[PDB]
Structure formats: C-alpha cells, structure tokens
Amino acid sequence: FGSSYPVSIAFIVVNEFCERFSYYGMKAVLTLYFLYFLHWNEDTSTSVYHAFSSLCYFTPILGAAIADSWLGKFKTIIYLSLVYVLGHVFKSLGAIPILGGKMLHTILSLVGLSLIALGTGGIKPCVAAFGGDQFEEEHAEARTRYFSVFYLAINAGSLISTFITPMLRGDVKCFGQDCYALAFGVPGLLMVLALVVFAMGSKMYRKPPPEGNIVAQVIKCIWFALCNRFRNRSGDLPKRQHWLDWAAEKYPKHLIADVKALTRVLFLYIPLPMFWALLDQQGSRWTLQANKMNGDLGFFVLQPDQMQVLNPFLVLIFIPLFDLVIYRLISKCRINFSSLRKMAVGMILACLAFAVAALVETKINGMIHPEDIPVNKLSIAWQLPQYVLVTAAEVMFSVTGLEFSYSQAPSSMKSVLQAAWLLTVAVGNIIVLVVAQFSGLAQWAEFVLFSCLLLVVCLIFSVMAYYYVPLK
Amino acid sequence: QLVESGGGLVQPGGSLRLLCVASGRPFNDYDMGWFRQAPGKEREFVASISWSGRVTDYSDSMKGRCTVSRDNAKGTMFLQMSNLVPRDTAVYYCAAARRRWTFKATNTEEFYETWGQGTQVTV
Ligand SMILES: Cc1onc(-c2ccccc2Cl)c1C(=O)N[C@@H]1C(=O)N2[C@@H]1SC(C)(C)[C@@H]2C(=O)O
C-alpha cells in the first residue's frame with residue numbers, strides 16, 4: 001500500500017492461514033475416523049497416525065530439493081498444492097460409505113494421506129522462502145515483520161481450526177452414519193481456496209528461477225572434498241584452511257562458498273532436534289498436572305483439556321507485542337539482539353518454563369487436609385506463568401529461526417535452508433516417539449530433568465552460535 | 001487366554017452385568033469384544049473395549065445403553081446392559097485378540113481369536 005511491503009504477501013499469508021486451517025481440521029478428525037469409521041485397532045490407528053505425521057515432517061526435504069534444483073518455486077508450490085488437493089479429494093472420497101466398503105475406504109484413505117503428506121512437505125518451506133523473496137535484499141527489516149505475520153497466520157489458522165472442528169463432527173449424518181465426509185471435505189475446500197488465492201497473485205509475484213541442479217552440485221562438491229583428503233601413502237596439500245578449499249579444481253568459488261555456508265548453518269542447527277523434543281514434552285504432561293488442580297475459576301469451569309488452547313492465543317498476543325514493543329525497547333539502548341541471542345534467550349525461557357512447571361508440581365504434591373477438599377489445592381491458574389514463559393520462548397525461537405534460515409542462505413538454496421530448519425523438527429519428533437515409551441519417573445522429577453536438559457542444550461547452542469561465521 | 005462369562009435371566013426391562021475373566025497371559029495384552037448369538041441367528045457384535053480401555057465401541061443397536069469396562073489387574077471385563085427388551089435374549093460371548101497391527105475391523109468376528117463360552121441371558 002504505502003511502501004516497503006509488496007501487495008503480493010497478501011496472497012501468501014492468506015494462503016498459509018487457509019492451509020493451516022485445513023491441515024488442523026483434518027488431523028483432528030483423523031484418529032476418530034480410524035477408530036470409529038474404519039474400526040481399526042488402537043495400535044494400528046496410533047501407528048498410522050504417527051507414520052503420517054512423521055512423513056509430513058520429513059517430506060519438505062523432497063519439496064525443497066524439487067523447488068531449488070529444478071522447476072523453481074511458485075511452480076513446485078502450484079504443483080504440490082494440486083497434489084495436496086488430489087490427496088484431500090481421495091481422502092474425502094474414501095469416507096463415503098456408499099461406494100465399496102472396508103477396502104476402497106482403506107485404500108483411498110491411505111493414498112489420500114500419502115498425497116497430503118507429499119503436498120505439505122513442499123508447501124511448507126517453499127511458501128516461506130517465496131514470501132521472503134518478495135522483499136529486496138536491502139529491505140531486511142520488512143522481511144522480519146513479514147515472517148512475524150507469517151507465524152501469526154499459522155497460529156491463527158490453528159486456533160480457528162481448533163475452535164471450528166468440533167462443529168463439523170457434531171451430530172451430523174452423512175448417510176445414516178456419522179458424517180466424516182464433511183469433516184474431510186471442508187479442509188479440502190479450504191485447500192482449494194488457498195491454492196486459488198495464491199494463484200490469483202501470479203502477475204504480482206517476483207518469481208526467481210532456479211540456479212541449476214544445486215542439490216546435485218552440492219552433493220558432488222562435498223563428495224570430492226571428502227574424497228581428496230584420502231592420501232593414505234601420500235599428501236602435501238589435501239585441504240588446508242578448510243575442508244572444502246581444495247575441492248576447487250572443479251566446483252568454482254561461487255559454489256564452494258554456498259556449500260560452506262550451508263554446512264556452517266547445518267552444524268549450527270545440529271542441536272535443535274533435542275530442543276524441539278524437550279519442548280514438545282509439555283502438551284501431554286501439563287494435562288496430567290492440570291487434572292490434579294482445581295479448575296472452577298469461579299466464573300467459568302475450565303476442563304484440563306481446554307488449557308491447550310491457551311498456547312496459540314498467547315502466541316497471537318505475544319508476536320505483535322514482542323515485535324512492536326519489546327524489541328523496540330531493547331533497541332532503544334545499545335543492546336543488540338543478533339537473531340542468535342534471541343534463540344538462546346528463548347531456550348533459556350523454555351528452561352525456566354519447565355522449572356516453573358516442576359515448582360508447581362511440587363506445590364501440588366504438598367497437599368494436606370485441614371466431600372473433603374484439600375486446602376492447598378491449586379486452581380487451574382498457576383499454570384499461566386509456565387504458559388507465558390513457554391509461549392514467549394516459542395515466539396523468540398521459532399519466528400527468529402525462520403528469518404535466520406532465510407537471511408543466512410545463499411540465493412541458490414534459499415528454500416533448502418528452510419528444509420534444514422524443518423528437518424530439525426522432523427528429527428526432534430522422532431526423538432519424542434523413541435522416548436515416549438520410557439516413562440517411569442515422578443512428574444516433579446521429570447520436569448526438573450527436562451529443565452536441566454533444556455539448559456545443557458542451550459549452552460551447546462550458545463557456544464556454537466558464538467563461533468558461527470555469518471554469511472556475507 | 002481362556003476367557004469365561006457369567007450371567008443369567010433378567011426381567012423384561014431390567015438390567016444385567018456380565019463378567020469376563022482371563023485365566024492366562026496378562027489381560028492388558030488383549031483387545032476384547034462382546035458378541036451375541038440369538039437362537040437360530042448369526043453371531044452379532046455388541047461392544048468392544050481396547051487394551052487399556054481407552055477406546056470403546058458399541059453396536060448400532062446397543063439395546064438401551066451398554067458400558068464395557070476392564071481392569072487389567074485381576075483381568076476382569078464387565079458389560080452393563082441397562083434397558084433390555086423382549087429381544088436380545090441371546091447367548092453372549094467374550095472374545096480376545098492379542099495386540100498387533102492389522103486392517104481388519106475391530107467390530108468383526110474374524111478380528112478376535114479366542115471365543116470363550118457364552119452365558120444364556122434371557123428375557
Ligand atoms: C515449529 C514450526 O515453526 N515454523 C513452522 C512452519 C514453517 C513453515 C511453514 C509452516 C510452519 Cl507451521 C513449524 C512447523 O511447521 N511445525 C510446528 C511444530 O513443531 N508443530 C507445528 S505443526 C505440528 C502441530 C504438527 C507440530 C507439532 O506440534 O508436532
């Protein structure tokens with residue numbers, strides 16, 4: 001409108017909102033569909049749900065490879081959104097009980113889920129990188145605000161999805177049975193609308209082309225670099241001053257520098273799966289903590305489950321508050337938050353949140369009687385301080401990570417560093433699954449462990465962020 | 001393994017509370033389901049309770065209101081039929097299936113592999 005912000009990002013943030021809406025509206029009904037429509041084992045349903053989630057987490061690698069190495073982006077977004085819409089069509093087609101039964105339903109549902117995972121993994125990094133591409137490299141201050149608005153759109157989509165999903169699967173009969181076809185078709189229409197609105201802004205975008213088979217060049221350059229050193233019975237200059245400088249008889253400098261930056265950022269990101277796994281162990285145990293504390297609140301009775309909704313709402317409140325007030329106040333003085341101090345401070349805040357959760361659990365345990373009521377029974381409040389701290393950590397770490405991934409990536413591989421950021425979440429999710437079964441510790445002792453682990457992870461990231469060499 | 005059952009005659013609009021005790025491998029390793037076989041009829045699905053009792057399902061009829069519970073300690077399973085009628089005067093069976101990965105419906109006979117003998121609840 002005025003300046004410094006293209007009209008294009010309007011059909012980027014809206015698309016992201018519409019996509020998250022549909023994704024969270026479908027994933028919510030997925031498990032009920034498995035259990036009460038397909039009539040699957042609990043083990044089978046949970047395993048299929050977790051496999052689908054993991055594939056969704058892991059596919060953005062393929063999406064970013066396709067985008068950067070070939071076809072550019074805004075063409076991988078379009079085609080993978082078409083694949084996403086096809087997957088939604090199949091999934092909603094398999095929930096119709098009229099045609100086929102127990103075999104067409106299973107096949108169509110599984111194929112649709114595979115296509116949905118493919119689409120999501122390739123709309124995730126490409127859309128963020130494409131929206132970032134709309135700003136001139138000099139406008140590095142408007143890009144951060146755009147990324148804040150992008151995260152706000154994500155969280156708003158999640159919140160409206162949570163608030164609107166139970167209405168669709170509430171006492172609706174498709175054909176003499178519970179209506180799952182609508183529950184899966186509404187997300188399909190939302191995805192179709194997202195694709196339409198994104199395509200509507202084609203003439204305004206700033207589509208840049210790919211810089212060649214960048215992924216193959218990167219792999220071959222790394223392979224040559226590693227292979228050169230193997231001078232078992234010889235060697236006078238295998239590689240000095242770096243492990244890539246003597247992969248220079250080919251792979252000109254403009255590629256060696258790009259792979260250097262890529263490897264630097266990847267080594268920096270190494271520790272983030274542990275942070276993601278540790279911070280993901282709060283939406284399950286905090287529910288157990290809530291179940292042990294009063295939730296009448298005088299005005300409105302609060303069920304422990306509903307407290308989960310306090311995270312997206314607090315993110316919505318904190319994003320504008322952080323960007324427009326707190327960061328400006330910090331900038332008032334000489335204090336300089338370098339986008340890596342922000343992430344470390346977010347990790348410290350998450351550690352503090354888990355320590356506060358441990359303290360609240362300790363207070364809960366120390367109950368003694370004076371239907372008998374324990375005098376020292378905490379209200380569902382006192383869960384606010386940990387929700388405030390953990391939410392501020394997510395705003396600082398997550399919004400800063402998207403910008404850091406883009407600003408530090410070579411132009412040839414802008415969406416590959418976005419896949420690297422998403423790859424940490426994918427690996428972190430695997431850690432949660434591998435460690436979920438191992439649970440035999442007290443709630444207070446567990447939180448004091450996660451707080452301590454989250455501290456050690458932050459010291460490792462802080463030390464490696466100190467020696468990081470920024471891209472230039 | 002070695003499931004059992006217990007129950008008997010009931011009033012036209014009374015209620016019944018059936019038992020199913022496992023006398024073998026631990027009860028937490030088995031998905032359980034209730035079936036009925038009216039005289040001169042095919043076996044019908046009644047209710048199903050998964051391991052840990054987290055997931056429960058009831059037949060479309062669910063005459064009145066059924067409720068399946070299970071305590072994996074002592075391995076006992078309960079079915080609470082509430083508003084019985086002149087119908088459903090069938091022989092009620094208990095079925096157990098070891099946990100595994102399968103795509104067969106949890107509300108079908110072929111899903112279950114240990115059908116214990118059945119009661120003779122009548123109305
Ligand atoms: C973390 C995170 O930070 N930015 C993103 C992101 C990055 C690009 C496009 C869209 C998103 Cl949502 C992102 C993400 O994609 N995943 C987020 C994450 O982690 N969670 C959200 S989705 C989820 C609820 C399945 C998952 C979880 O809680 O397991």
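So that the names make sense, note that chain A is the first sequence line, chain B the second, and so on, each numbered from 1. Keep in mind that the numbers below use all heavy atoms, side chains included, and drop hydrogens, waters and symmetry copies. Atoms within each ligand, like the ligands themselves, are counted from 1 in listed order.
In this complex, the main macromolecule engaging ligand 1, as named in UniProt, is Solute carrier family 15 member 2.
With buspirone, tamsulosin, cloxacillin, prazosin as options, the drug found at ligand 1 is cloxacillin. Other chains within heavy-atom reach of cloxacillin, distance under 4.0 Å: A.
For cloxacillin, the residues with heavy atoms nearer than 4.0 Å are A:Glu16, A:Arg20, A:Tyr24, A:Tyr57, A:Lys124, A:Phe150, A:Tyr151, A:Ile154, A:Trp276, A:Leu422, A:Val425. For chain A, the entry records the source organism Rattus norvegicus.
Following UniProt from the N terminus, chain A has transmembrane segments with a non-hydrogen atom under 4.0 Å from cloxacillin at positions 1, 2, 5, 7, 11.
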